[PDB]
Undergrad: 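One structure, pasted below without further comment.
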Amino acid sequence: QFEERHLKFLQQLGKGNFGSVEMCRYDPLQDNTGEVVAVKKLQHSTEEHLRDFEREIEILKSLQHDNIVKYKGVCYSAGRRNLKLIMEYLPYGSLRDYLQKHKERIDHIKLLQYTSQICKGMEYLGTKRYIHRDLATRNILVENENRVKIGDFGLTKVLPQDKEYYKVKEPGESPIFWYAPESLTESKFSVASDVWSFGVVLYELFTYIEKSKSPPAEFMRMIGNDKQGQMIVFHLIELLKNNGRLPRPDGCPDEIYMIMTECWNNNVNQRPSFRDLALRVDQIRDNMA
Ligand SMILES: Cc1cnc(Nc2ccc(OCCN3CCCC3)cc2)nc1Nc1cccc(S(=O)(=O)NC(C)(C)C)c1
């Protein structure tokens, strides 16, 4: 529905490996009444990346949830590539940056509100047999002080009809300090591996994104900063097989650290569901209030 003639560039919000996101104003009447949107595009539009980009557009079109960023449409230039995905724009940016800028005004009860919203959005993803694979405070976006949203679906894959996991080894470097053990060793991605990663999201939240308490900082202080390249991954695998874990964040109540550890269970069938986590986090929140 969108025409690239009338999309007008304001600034770049983010740029990763295969894609980038720009703030733009859709102003079809050329009079500065149009609305400001977010536009995602590929920056190396190979054909494999393009077909995966279109499955992502189709996945995001199939989702409507208060905690999922809103799809708006697509746009094409002359031809049926240079394809662009149009989404709503959220003014407060990533939850990672929002939280370390207001760390002295956001208490634990507010952290738990975000947490339960993330859970409800993740639970909605699971009902449609989507695996996010990429959850982190980096990709959680902020609509306003009371609402967060899951903000990017570049790696979201749909489960096969028969099986409850997905095997993918990607070319390039992966965020291996959020990945469940069975994802490091066998590249299996399930809703239980997303629960592992939600545990480290919750860890991040309670570290208030303090620089020396990032999961990579803490993990690679546990295995030694001397480790080399591929050996890095191997050493982390061994540390997770011996029940080495991230430490409890400073000030974190023991109840919330028990939720974190229960998601970091080595036994994949023994991790809690997102609906159970939402109920645990809603009761901790209701007792604090
Ligand atoms: C879909 C969408 C809607 N609204 C926003 N709002 C937003 C608003 C301000 C942001 O500030 C970024 C920090 N500075 C960068 C320059 C301006 C400010 C960042 C994001 N972002 C959105 N997506 C987005 C924006 C930046 C990064 C990401 S991502 O890290 O999760 N994924 C990739 C873009 C790398 C694929 C996703």
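Residues: numbered from 1 along the sequence shown. Order of listing sets the numbers, starting from 1, for every ligand and every atom in it. These numbers come from the heavy atoms of this one structure, side chains and all, not from hydrogens, waters or symmetry mates.
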Undergrad: Could you help me figure out which of fedratinib, gallamine, virginiamycin M is at ligand 1?
TA: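 Here it's fedratinib.
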Undergrad: Under the nomenclature of the PDB entry, which macromolecule has the greatest contact count with fedratinib?
TA: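 By the greatest number of contacts, it's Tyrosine-protein kinase JAK2.
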Undergrad: I need the source organism for chain A from the PDB entry - what is it?
TA: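 Going by the PDB entry, Homo sapiens.
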Undergrad: Provide the number and element of each atom of fedratinib under 4.0 Å from a heavy atom of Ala38.
TA: 1 (C), 2 (C), 3 (C)
Undergrad: Identify the protein heavy atom lying closest to atom 13 (C) of fedratinib, giving its residue, its atom name and the separation to 0.1 Å.
TA: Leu13 O, 4.5 Å
Undergrad: Give the atom numbers and elements of fedratinib that come within less than 4.0 Å of a heavy atom of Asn139.
TA: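 This gives 31 (O) as the contact atoms.
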Undergrad: Just to be sure I'm reading this right: ignoring hydrogens, which of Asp152, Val39, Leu60 gets closest to atom 29 (S) of fedratinib? Compare them by their nearest heavy atoms.
TA: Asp152
Undergrad: If we only count N/O pairs under 3.5 Å, is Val21 in contact with fedratinib?
TA: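 No, since none of the N or O atoms of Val21 sits under 3.5 Å from an N or O of fedratinib.
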Undergrad: With the threshold set strictly below 4.0 angstrom, can you tell me whether any protein non-hydrogen atom sits that near atom 2 (C) of fedratinib?
TA: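 So far as the 4.0 Å threshold goes, atom 2 (C) of fedratinib is in reach of a protein heavy atom.
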Undergrad: Which residues would you count as binding fedratinib, with heavy atoms within 4.0 Å?
TA: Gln11, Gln12, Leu13, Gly14, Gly16, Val21, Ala38, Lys40, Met87, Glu88, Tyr89, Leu90, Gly93, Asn139, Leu141, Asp152
Undergrad: Write 'none' if nothing qualifies; otherwise put on separate lines each N/O atom of fedratinib with a protein N/O atom under 3.5 Å away and their distance to 0.1 Å.
TA:
from       : atom 1 : to    : atom 2 : distance (Å)
fedratinib : 4 (N)  : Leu90 : N      : 3.0
fedratinib : 6 (N)  : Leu90 : O      : 2.9

